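Comments concern the structure below.
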Amino acid sequence: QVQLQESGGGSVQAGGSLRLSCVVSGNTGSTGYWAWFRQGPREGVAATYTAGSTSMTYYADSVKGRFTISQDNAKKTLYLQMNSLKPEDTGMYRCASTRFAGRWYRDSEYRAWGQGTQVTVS
Amino acid sequence: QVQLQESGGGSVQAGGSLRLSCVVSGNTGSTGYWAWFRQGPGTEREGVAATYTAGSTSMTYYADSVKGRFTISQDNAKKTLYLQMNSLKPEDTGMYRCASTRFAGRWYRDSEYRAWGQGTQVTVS
Amino acid sequence: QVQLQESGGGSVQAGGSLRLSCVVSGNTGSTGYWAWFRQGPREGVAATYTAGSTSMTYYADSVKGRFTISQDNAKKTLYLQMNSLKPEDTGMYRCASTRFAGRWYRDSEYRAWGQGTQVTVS
Amino acid sequence: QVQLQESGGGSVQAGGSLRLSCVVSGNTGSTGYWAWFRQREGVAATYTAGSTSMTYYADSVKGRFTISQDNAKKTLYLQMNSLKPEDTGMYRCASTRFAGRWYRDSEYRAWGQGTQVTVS
Ligand SMILES: C[C@]12CCC(=O)C=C1CC[C@@H]1[C@@H]2[C@@H](O)C[C@@]2(C)[C@H]1CC[C@]2(O)C(=O)CO
Ligand SMILES: C[C@]12CCC(=O)C=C1CC[C@@H]1[C@@H]2[C@@H](O)C[C@@]2(C)[C@H]1CC[C@]2(O)C(=O)CO
Ligand SMILES: C[C@]12CCC(=O)C=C1CC[C@@H]1[C@@H]2[C@@H](O)C[C@@]2(C)[C@H]1CC[C@]2(O)C(=O)CO
Ligand SMILES: C[C@]12CCC(=O)C=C1CC[C@@H]1[C@@H]2[C@@H](O)C[C@@]2(C)[C@H]1CC[C@]2(O)C(=O)CO
């Protein structure tokens, strides 16, 4: 029922910036995890837990301080802002969501996935 | 030399969302604080959120009153600072001004900031 | 080269007032059109032509006498003062600029655009 | 929305070769023009249709330059052979969803900063 669709990716030079988006539709309920994963040439990049009351955000150590996850709730859109891009950031960036997760960064805890948007860092 | 220009302000219903932007130009140097302050008529400026950027990577700071509702981010290639607001409350109403400085002992001390934009108004009804 | 930054929209009741602003930066040149368009999921609302020596102002018939366009050349800012707002004024209002245009309201001739500010009149 | 970044330029002797690259990212849509300009003269462009492409060259570079694009890598190439001194310039890539004349720079909505080519 929950549908996720990513956009905004592409090819960028090392050191560059990029902002990815993912739109959500369907009966999500009010609380859960909304996350970005990357499949490089499937690791958790960043995630936000929305409590439905506030919010908690998590980052992978390799992107801390370079990436920012945010969301516009009125627009049902999740964002991944990327700065200081490195070649090892290359991959298919997929958004995922779930009502319940133990590890925010474990892909198998997520029940809804988008197809992804490719990011290739020169 | 450093110039800051905010945009994206507007009117919103309580519970709504809004994203502010600020573009910088000029000789900033590579390191320092980039912050959002808010001020209502007759009130003192209150630090909302800030980032500290090092020579490389950034750290982020939030006022307790906006934590978990506002998110600060920047796009360095676009020289732009963002404030994503969600779950807006009437008490978030104010003139939102972006500020920057190479040097600040504490992120929320407006007296330490050296460049200021004119601001963009956010009204929450 | 040219960047357009908008502000000032949002929610208001019918009969209300809103004041849109757009700040321009970059290499614009000295003459041309500076316009407001409204986009629903782009029709011209108002524009100014600056000949760089005085200006001329243009309005869509449906906003004449309710909206006023003005510009501060010192602050490089364009304003749209919207009084007596009606529900049909609802839309995404985007600023646009161009050196040449066959008609002020022909958005296809405008190459520089702002992201938009949403205006919702209940 | 659309971010274009060129690379591959520099200083080269007449008669030499160079391959410029431009990477694109962001929400582009599926159809439009992707072009190389030198400064502002149209050098070469490719139109990609919804189906699948059409390519155009300035008369002064026909038979010497080739434009191509790797759609999987979101990269536009300008292969320059038999370079001449009048090819010197700042080569900028541009893109747009629609244009009447592929070579008219004023019709393009997105621009890169460019890569300099100096032919001695
Ligand atoms: C993570 C979440 C719940 C768990 C899930 O499987 C899918 C998602 C992604 C979208 C999130 C959603 C909930 O948190 C409520 C949210 C924030 C929504 C976007 C807008 C929203 O509907 C609200 O803001 C409700 O007020
Ligand atoms: C806080 C800072 C330094 C202190 C100052 O007075 C003004 C600013 C705001 C813009 C920041 C800048 C530096 O950090 C370098 C930054 C990040 C820049 C935006 C893009 C940038 O120029 C770079 O990314 C260069 O690497
Ligand atoms: C429409 C125009 C030229 C065409 C274009 O693509 C972008 C714009 C909007 C900003 C205008 C500009 C020119 O007219 C010169 C202006 C008025 C400028 C704001 C202040 C200005 O720079 C001056 O007043 C210079 O005297
Ligand atoms: C010219 C175009 C559309 C108009 C625009 O402002 C930016 C460009 C450059 C990149 C092109 C794009 C579209 O044509 C779809 C393309 C080909 C894309 C490269 C890979 C692509 O996304 C696809 O291959 C879709 O199948």
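Chain letters correspond, in order, to the sequence lines: A, then B, then on. Just so it is clear, chain A uses the PDB entry numbers, and the residues here are 1-41, 45-56, 58-126, in order. Just so it is clear, chain B uses the PDB entry numbers, and the residues here are 1-56, 58-126, in order. Quick note: numbers on chain C are straight from the PDB entry, i.e. 1-41, 45-56, 58-126, in order. So for chain D, numbering is the PDB entry's, and the shown residues are 1-39, 45-56, 58-126, in order. Determined via X-ray crystallography, 1.5 Å. Keep in mind that the numbers below use all heavy atoms, side chains included, and drop hydrogens, waters and symmetry copies. Atoms within a ligand are numbered from 1 in the order they appear, just like the ligands themselves.
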Query raised in the report: Drug at ligand 4 - which one is it?
Result: hydrocortisone
Requested in this report: Count heavy-atom pairs within 4.5 Å of hydrocortisone (ligand 4) for each chain, then name the one with the most as the PDB entry does.
Outcome: anti-cortisol camelid antibody
Requested in this report: Name every other chain with any non-hydrogen atom less than 4.0 Å from hydrocortisone (ligand 4).
Outcome: D
Query raised in the report: Which other-chain residues have at least one non-hydrogen atom less than 4.0 Å from hydrocortisone (ligand 4)?
Result: D:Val24, D:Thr28, D:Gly29, D:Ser30, D:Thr31, D:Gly32, D:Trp34, D:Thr53, D:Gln75, D:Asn77, D:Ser101, D:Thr102
Report task. Could you say whether the N/O atoms of D:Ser30 and hydrocortisone (ligand 4) ever approach to under 3.5 Å? Result -> yes
Query raised in the report: Nearest to atom 6 (O) of hydrocortisone (ligand 4), what protein heavy atom do you find, and at what distance?
Result: D:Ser101 OG, 3.3 Å
Query raised in the report: Hey, is atom 25 (C) of hydrocortisone (ligand 4) touched by any protein heavy atom at less than 4.0 Å?
Result: no
Query raised in the report: What protein heavy atom sits nearest atom 18 (C) of hydrocortisone (ligand 4), and how far off is it?
Result: D:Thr28 OG1, 4.5 Å
Requested in this report: May I ask you to identify the nearest protein heavy atom to atom 20 (C) of hydrocortisone (ligand 4), giving residue, atom name and distance to one decimal place in Å?
Outcome: D:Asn77 O, 3.5 Å
Query - Nearest protein heavy atom with distance in Å, relative to atom 9 (C) of hydrocortisone (ligand 4) - result: D:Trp34 CD2, 3.4 Å
Query raised in the report: Starting from atom 3 (C) of hydrocortisone (ligand 4), which protein heavy atom do you reach first, and at what distance in Å?
Result: D:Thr31 O, 3.4 Å
